[PDB]
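In this PDB entry you will find foretinib.
Heads up: numbering here begins at 1 and tracks the sequence. Order of listing sets the numbers, starting from 1, for every ligand and every atom in it. Excluded from the calculations below are hydrogen atoms, water molecules and symmetry mates; all remaining heavy atoms, backbone and side chain alike, are included.
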Amino acid sequence: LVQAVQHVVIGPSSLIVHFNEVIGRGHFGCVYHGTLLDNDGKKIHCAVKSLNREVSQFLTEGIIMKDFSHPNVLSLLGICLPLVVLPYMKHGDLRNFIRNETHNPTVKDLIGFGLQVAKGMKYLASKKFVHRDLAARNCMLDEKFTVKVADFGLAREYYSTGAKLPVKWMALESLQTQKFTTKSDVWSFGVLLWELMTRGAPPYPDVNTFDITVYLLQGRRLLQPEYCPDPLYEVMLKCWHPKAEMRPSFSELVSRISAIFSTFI
Ligand SMILES: COc1cc2c(Oc3ccc(NC(=O)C4(C(=O)Nc5ccc(F)cc5)CC4)cc3F)ccnc2cc1OCCCN1CCOCC1
Ligand SMILES: [Cl-]
């Protein structure tokens with residue numbers, strides 16, 4: 001842990017945290033605007049993730065990130081003895097971007113964001129990593145409109161054994177056994193595409209949190225969104241297959257969505 005922290009350790013001298021500017025705050029964590037300095041003295045706008053007051057939990061979260069080098073996965077700039085330094089994402093979380101009525105992305109752009117999460121998840125599934133909390137709320141969007149798959153971790157109504165669970169994003173086997181696999185990230189990815197094609201509408205509004213397991217066993221799935229092309233809805237239904245082995249891999253997801261995306265001007 002600390003041998004790895006020391007590899008990505010940032011000097012307090014190199015980082016200025018703007019405590020006067022909070023991008024957001026939860027009970028466990030807080031996110032500030034920040035300026036990171038390189039050896040040439042150039043300034044890097046960043047986000048400083050801090051604990052309000054479980055210290056090793058925070059540092060493990062940031063240490064897992066050090067292994068992730070992909071354009072569709074959020075990177076760690078470093079740890080400062082503690083504060084976790086992340087690259088600043090000009091557009092915030094994906095759900096909030098798509099939910100803005102004045103933003104007008106085309107059906108192709110929304111599919112394009114869906115292909116980006118799929119590419120990132122492919123890379124993660126390759127590294128044997130299981131996300132556990134895939135949702136549009138945990139996908140970041142940078143200046144060049146590049147989706148970065150992330151997790152607000154400690155800094156994170158959509159969540160209900162101490163388990164704080166995102167039940168509406170969860171696979172049948174995960175809701176019934178609290179065990180997660182890459183195949184269960186595929187289910188959540190299906191819910192993520194539904195979210196994108198509805199432009200941040202809440203999944204299963206009419207449905208309660210706890211009751212979601214019996215809703216699904218009745219043979220119910222999210223309806224086809226209005227912007228959603230038919231082949232893309234077929235993809236979503238493959239993600240929500242009750243048996244895990246029948247769900248498309250993320251590699252097949254990149255494939256099928258690349259072919260749907262490529263049919264638009
Ligand atoms: C809420 O708004 C923002 C939040 C940001 C942010 O938050 C975090 C995201 C993820 C982590 N993750 C983590 O700390 C970890 C993680 O992500 N691990 C992880 C896990 C799996 C994976 F695949 C990749 C990474 C837990 C360690 C930590 C963060 F602090 C990081 C960087 N830039 C941000 C910009 C934001 O708005 C910009 C301003 C937008 N304005 C425009 C409109 O007006 C008002 C809003
Ligand atoms: Cl159809």
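- Counting all copies, foretinib can be found at ligand 1.
- The chain forming the most contacts with foretinib in this entry appears in UniProt as Hepatocyte growth factor receptor.
- Lab note: binding site of foretinib, heavy atoms under 4.0 Å, is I23, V31, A47, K49, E61, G62, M65, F68, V73, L74, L86, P87, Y88, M89, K90, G92, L124, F129, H131, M140, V149, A150, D151, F152.
- For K90, no nitrogen or oxygen atom sits less than 3.5 Å from a nitrogen or oxygen atom of foretinib, counting backbone and side chain alike.
- Residue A47 approaches foretinib through these ligand atoms, each under 4.0 Å from one of its heavy atoms: 31 (C), 32 (C), 33 (N).
- Taking only non-hydrogen atoms into account, the UniProt active-site residue of chain A lying closest to foretinib, to the nearest 1 Å, is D133, 8 Å.
- Below 4.0 Å from some heavy atom of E61 lie the following atoms of foretinib, by number and element: 26 (C), 27 (C).
- Heavy-atom proximity to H131, at under 4.0 Å, picks out these atoms of foretinib: 21 (C), 23 (F).
- The shortest N or O to N or O distance between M89 and foretinib is under 3.5 Å.
- Within foretinib, the atoms closer than 4.0 Å to a non-hydrogen atom of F129 are 21 (C), numbered from 1 in the order shown.
- Shown in contact with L124 at under 4.0 Å from a heavy atom are these atoms of foretinib, numbered in order with element: 23 (F).
- Most of the residues of chain A within contact distance of foretinib belong to the UniProt domain Protein kinase.
- Proximity to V73 (heavy-atom distance under 4.0 Å) selects the following atoms of foretinib: 23 (F), 24 (C).
- On a distance-only criterion, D93 and foretinib share no N/O pair closer than 3.5 Å.
- As stated in the entry, the source of chain A is Homo sapiens.
- The overlap between the UniProt ATP-binding residues of chain A and the residues with a heavy atom under 4.0 Å from foretinib is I23, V31, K49.
- Ligand-side atoms of foretinib in range of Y88: 33 (N), 38 (C), 39 (C), range being under 4.0 angstrom from any heavy atom.
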